[PDB]
> 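Mind having a look at this structure? Questions to follow.
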Amino acid sequence: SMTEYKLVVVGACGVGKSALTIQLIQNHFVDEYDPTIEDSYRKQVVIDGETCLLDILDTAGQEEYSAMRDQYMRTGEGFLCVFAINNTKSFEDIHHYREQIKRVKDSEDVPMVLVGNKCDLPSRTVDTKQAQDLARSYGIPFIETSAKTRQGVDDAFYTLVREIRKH
Ligand SMILES: */C=C/C(=O)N1CCN(c2c(C#N)c(=O)n(-c3c(C)ccnc3C(C)C)c3nc(-c4c(N)c(F)c(F)c(F)c4F)c(Cl)cc23)CC1
Ligand SMILES: Nc1nc2c(ncn2[C@@H]2O[C@H](COP(=O)(O)OP(=O)(O)O)[C@@H](O)[C@H]2O)c(=O)[nH]1
Ligand SMILES: [Cl-]
Ligand SMILES: [Mg+2]
């Protein structure tokens, strides 16, 4: 049988959670996808010779989902923690996303990948060095992405599957 992986995409409003997810699922860039929509998407992929069924939850942090947030997160096997390379606040928020994931999962060994999105844009305010130092402090990988060009997007999700395997 195919190995099934429940992945959860988190991070500040506007970092590109939806754009990243829709690239993997539908192979196109969506400009300004409805920021309020939270849904799960399924995709079959081959990673290192293993057929994987991915169930990806694209979080939107809306008030209507707030009561059930912990129940939705607890079934996640791995988390993509996304910031944008032109938004320092989204990078500062990463340690808070990790605080909440560690709380819900009651563990410091939750499979996780740090993702720096929008690497196509010129006006960078967070360097790869900063993100790699943060990832190293957590013992997790860092992957740079552009949801616009699709560069690195699959590497981010596939890296998270490899982290879930180690767990
Ligand atoms: C464009 C809309 C959008 O993408 N988002 C809306 C807001 N959102 C979000 C926010 C905000 N603003 C937020 O403050 N937090 C919380 C909460 C509610 C409580 C404590 N810390 C945070 C941040 C700073 C980590 C969000 N948390 C989560 C969330 C929660 N509650 C959780 F328990 C987890 F285990 C998570 F993995 C997790 F990520 C989410 Cl879904 C969304 C926000 C961002 C998205
Ligand atoms: N140039 C560029 N724009 C992006 C990228 N990813 C997302 N966007 C845009 O950034 C905004 C926020 O993206 P969205 O996917 O809605 O973020 P979410 O709130 O995290 O789901 C939208 O206007 C997207 O079109 C990227 O890699 N490059
Ligand atoms: Cl929430
Ligand atoms: Mg979204």
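Residues take their numbers from the sequence shown, with the count starting at 1. We count ligands from 1, going down the list as the structure has it; atoms in each ligand are counted the same way. These values consider heavy atoms only, across backbone and side chains, with no hydrogens, waters or symmetry-generated copies.
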> Say which drug appears at ligand 1.
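That would be glecirasib (bound form).
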> To what macromolecule is glecirasib (bound form, ligand 1) bound in this model, taking the chain with most contacts, per UniProt?
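It sits in most contact with GTPase KRas, N-terminally processed.
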> Which organism does the PDB annotate as the origin of chain A?
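According to the entry, Homo sapiens.
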> Within the displayed structure, which other ligands or ions place at least one atom under 4.0 Å away from glecirasib (bound form, ligand 1)?
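Nearby: ligand 2 (guanosine-5'-diphosphate), ligand 3 (chloride ion).
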> Do me a favour and list the nearest non-hydrogen protein atom to atom 40 (C) of glecirasib (bound form, ligand 1) with residue, atom name and distance?
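I find the closest protein heavy atom is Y97 CE2, 4.0 Å.
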> Which chain residue and atom does the covalent tether of glecirasib (bound form, ligand 1) reach, if any?
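Covalent, to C13 SG.
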> Please write down residue, atom name and distance for the protein heavy atom closest to atom 2 (C) of glecirasib (bound form, ligand 1).
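Minimum-distance protein heavy atom for atom 2 (C) of glecirasib (bound form, ligand 1) reads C13 SG, 2.8 Å.
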> For atom 29 (C) of glecirasib (bound form, ligand 1), tell me which residue out of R69, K105, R103 has the closest non-hydrogen atom.
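The nearest heavy atom belongs to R69.
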> What residues line the site of glecirasib (bound form, ligand 1) at a non-hydrogen cut-off of 4.0 Å?
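The binding site of glecirasib (bound form, ligand 1) (heavy atoms) is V10, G11, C13, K17, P35, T59, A60, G61, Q62, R69, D70, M73, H96, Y97, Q100, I101, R103, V104.
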